[PDB]
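Following: one structure in structure tokens, then a few remarks.
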Amino acid sequence: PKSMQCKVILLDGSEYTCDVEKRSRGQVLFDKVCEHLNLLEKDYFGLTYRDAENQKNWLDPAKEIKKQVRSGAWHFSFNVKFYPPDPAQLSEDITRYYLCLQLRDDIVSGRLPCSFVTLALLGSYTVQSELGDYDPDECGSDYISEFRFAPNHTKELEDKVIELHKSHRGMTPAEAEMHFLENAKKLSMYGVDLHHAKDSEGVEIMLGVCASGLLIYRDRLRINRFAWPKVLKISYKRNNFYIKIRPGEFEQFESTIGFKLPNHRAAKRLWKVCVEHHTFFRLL
Ligand SMILES: Nc1ccc(S(=O)(=O)Nc2ccccn2)cc1
């Protein structure tokens, strides 16, 4: 029975290697990674891979791995797929831990923009969780942490992390991680998956997919929001993506809204992540 080697980049940046039978469905690999991670609250997570165009795709757990990675390497990343709106409602601390590690990468990468003060506060909770109480013996006036806190590090940010870290004496790791999450969950781009698109007039916009619905970023003024309940049908055709926007009270007709995506694969990808979010956050 022939088996393919899988390499998975974990959220701590380490590599997990395993073998699965070559006709295996994605769920097989995902189950092995989650067992390795001692993760029980698996519903919020998934594996990603890079397609022949180098775009991040979710590995569909119900489909054969080989029919998704196709010509590409069996290389994956473990990631948060559905960002819980209230991480305090998760049942296990280890779930909140992996969500923290993902968010730390969202921040360093710049996918999750963050004010100076929030970068420092999040950083201070990470340091408290990972090193425990502030120790002056490690931190002089010239201290720079090994922890990546931000897309661009400054001495001022390092100083503010230490100042806040001092305030957290006695805080346990689960407690610090919960504080991290109570702050992160409030950020306007928390758990927003962004897709480049054009509106029906060719004006470049961003579509964001998240727990609350679909977001349209036209300019810094005028951000449109479609709560999942207000969406009845998600569809794609060629390079186009469409949502059916339920009739408003006393309106005769549903309204259909149309976008142009970079190519057909990008329209299908956006359709699938929208359907999956609609399903997940209808049931939550
Ligand atoms: N994770 C997340 C991100 C953004 C938003 S929202 O504040 O824009 N609110 C809404 C409300 C309805 C439809 C779309 N966004 C909410 C949650």
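Nothing fancy with the numbering, it's 1 onward along the sequence. Below, all heavy atoms of this structure are taken into account, side chains as well, without hydrogens, waters or symmetry copies. In each ligand, atom 1 is the first atom listed, and ligand 1 is the first ligand listed.
- Located at ligand 1, the drug is listed as sulfapyridine.
- The largest share of close contacts with sulfapyridine comes from the chain named in UniProt as Band 4.1-like protein 3, N-terminally processed.
- In this structure, chain A contacts sulfapyridine chiefly via UniProt domain ferm.
- For atom 2 (C) of sulfapyridine, the nearest protein heavy atom (residue, atom name, distance) is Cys210 SG, 3.6 Å.
- The entry attributes the source of chain A to Homo sapiens.
- The shortest separation from a heavy atom of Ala227 to sulfapyridine is under 4.0 Å, placing the residue in contact.
- Looking only at protein heavy atoms, the nearest one to atom 17 (C) of sulfapyridine is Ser212 OG, 3.0 Å.
- The nearest protein atom to atom 1 (N) of sulfapyridine, hydrogens excluded, is given as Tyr190 O, 3.0 Å; this is a heavy-atom distance.
- Of the listed options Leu215, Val231, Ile216, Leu215 places a heavy atom closest to atom 14 (C) of sulfapyridine.
- Residue-ligand proximity, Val192 to sulfapyridine, at heavy-atom distances under 4.0 Å covers atoms 3 (C).
- Looking at sulfapyridine, you won't find any N or O of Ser188 less than 3.5 Å from one of its N or O atoms.
- With respect to atom 7 (O) of sulfapyridine, the closest heavy atom belonging to the protein is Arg225 NE, 4.4 Å.
- The residue-level binding site of sulfapyridine (heavy-atom cut-off 4.0 Å) is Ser188, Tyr190, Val192, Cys210, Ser212, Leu215, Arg225, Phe226, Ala227.
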